[PDB]
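Okay, so here's the structure we're looking at.
The first residue in the sequence is number 1, and the count goes up from there. When a ligand or atom number is given, it counts from 1 through the structure's own listing order. Per the header: X-ray crystallography, 1.9 Å.
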Amino acid sequence: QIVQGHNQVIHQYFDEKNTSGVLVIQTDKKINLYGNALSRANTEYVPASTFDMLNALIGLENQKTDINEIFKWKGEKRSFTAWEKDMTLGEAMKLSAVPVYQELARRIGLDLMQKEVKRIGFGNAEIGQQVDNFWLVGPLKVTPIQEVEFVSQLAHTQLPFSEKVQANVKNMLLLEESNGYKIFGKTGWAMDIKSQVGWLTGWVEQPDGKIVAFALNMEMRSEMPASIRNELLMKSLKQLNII
Ligand SMILES: *C(=O)[C@@H](NC(=O)/C(=N\OC(C)(C)C(=O)O)c1csc(N)n1)[C@@H]1NC(C(=O)O)=C(C[n+]2ccccc2)CS1
């Protein structure tokens, strides 16, 4: 099941970007590890925005929102300018608009959130006490192997949510498409005074329908482009002939 993969080459790629990281790939029930810091795969980190996928699933499942709802921008200056507008849950997914995902979390509220997170068994399922930021600062944590298992199940409509809800959240996640290969996923990035953890978790849907899921997890620095996660993921996917 969980093993290291054939690759001297991906190890290099990560050293060549001057980072410590791992790339977990899950096809059917086989999980391979690649990178220059494999032990990260079993290390817990905060999911940061990658949690937006689970938030949306819980929110939609319990009818706290719907895919047509327009979340209103009330006019205050926000941490990013691209967030400064009315938007749907789907458009928030793509922009990683935290304030939408915080409104939604509050609608959900703490008891349902923690019943649902324990029900799903996400990470260490620890939400503790603040409903509106537990995925960004802790206590909630998850490993890269757990994430890839989560997105694999989302990809395959195997999570314990309605089928329509799963399909609606999948449809929010399309990043890129070319040669008939689709790539779905979600970035994440948390700025803790310790290290900074960067995520990119999602999947490839190949032309014949086959799903190959991935969870990139690396140490970020403020000097890196945000681009670097996608660049390293796409190089590695090509090298493994997944795309
Ligand atoms: C989800 O993971 C969100 N992360 C954060 O809100 C945090 N930081 O975002 C960064 C990018 C580090 C920032 O400069 O503010 C964060 C760190 S500690 C804490 N409580 N919050 C969204 N993630 C990302 C991303 O993954 O890149 C965003 C997209 N983005 C980033 C940089 C430039 C353009 C777009 C928005 S926050």
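- Sitting at ligand 1 is the drug ceftazidime (bound form).
- Counting heavy-atom pairs under 4.5 Å, the chain with the most contacts to ceftazidime (bound form) is listed in the PDB entry as Beta-lactamase OXA-225.
- By chain and number, the binding site of ceftazidime (bound form) at a non-hydrogen cut-off of 4.0 Å is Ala48, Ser49, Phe80, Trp83, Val98, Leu136, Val137, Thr187, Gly188, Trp189, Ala190, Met191, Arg229.
- Which parts of ceftazidime (bound form) touch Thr187 is read off a 4.0 Å heavy-atom cut-off, strictly below it: atoms 25 (C), 26 (O).
- The distance from ceftazidime (bound form) to the heavy atoms of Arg229 drops below 4.0 Å at these ligand atoms: 25 (C), 26 (O), 27 (O).
- The entry names the source of chain A as Acinetobacter baumannii.
- Atoms of ceftazidime (bound form) lying under 4.0 Å from at least one heavy atom of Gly188, given by number and element, are 2 (O), 26 (O).
- Each of the atoms 1 (C), 2 (O), 3 (C), 4 (N), 22 (C), 23 (N) of ceftazidime (bound form) lies under 4.0 Å from some heavy atom of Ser49.
- In this PDB entry, a covalent bond connects ceftazidime (bound form) with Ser49 OG.
- Those atoms of ceftazidime (bound form) that come under 4.0 Å of a heavy atom in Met191, given as number and element, are 12 (C), 14 (O), 17 (C), 18 (S).
- Heavy-atom contacts of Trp83 reach the following atoms of ceftazidime (bound form): 36 (C), 37 (S) (cutoff under 4.0 Å).
- Any N or O atom pair closer than 3.5 Å counts here, and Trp189 shares at least one such pair with ceftazidime (bound form).
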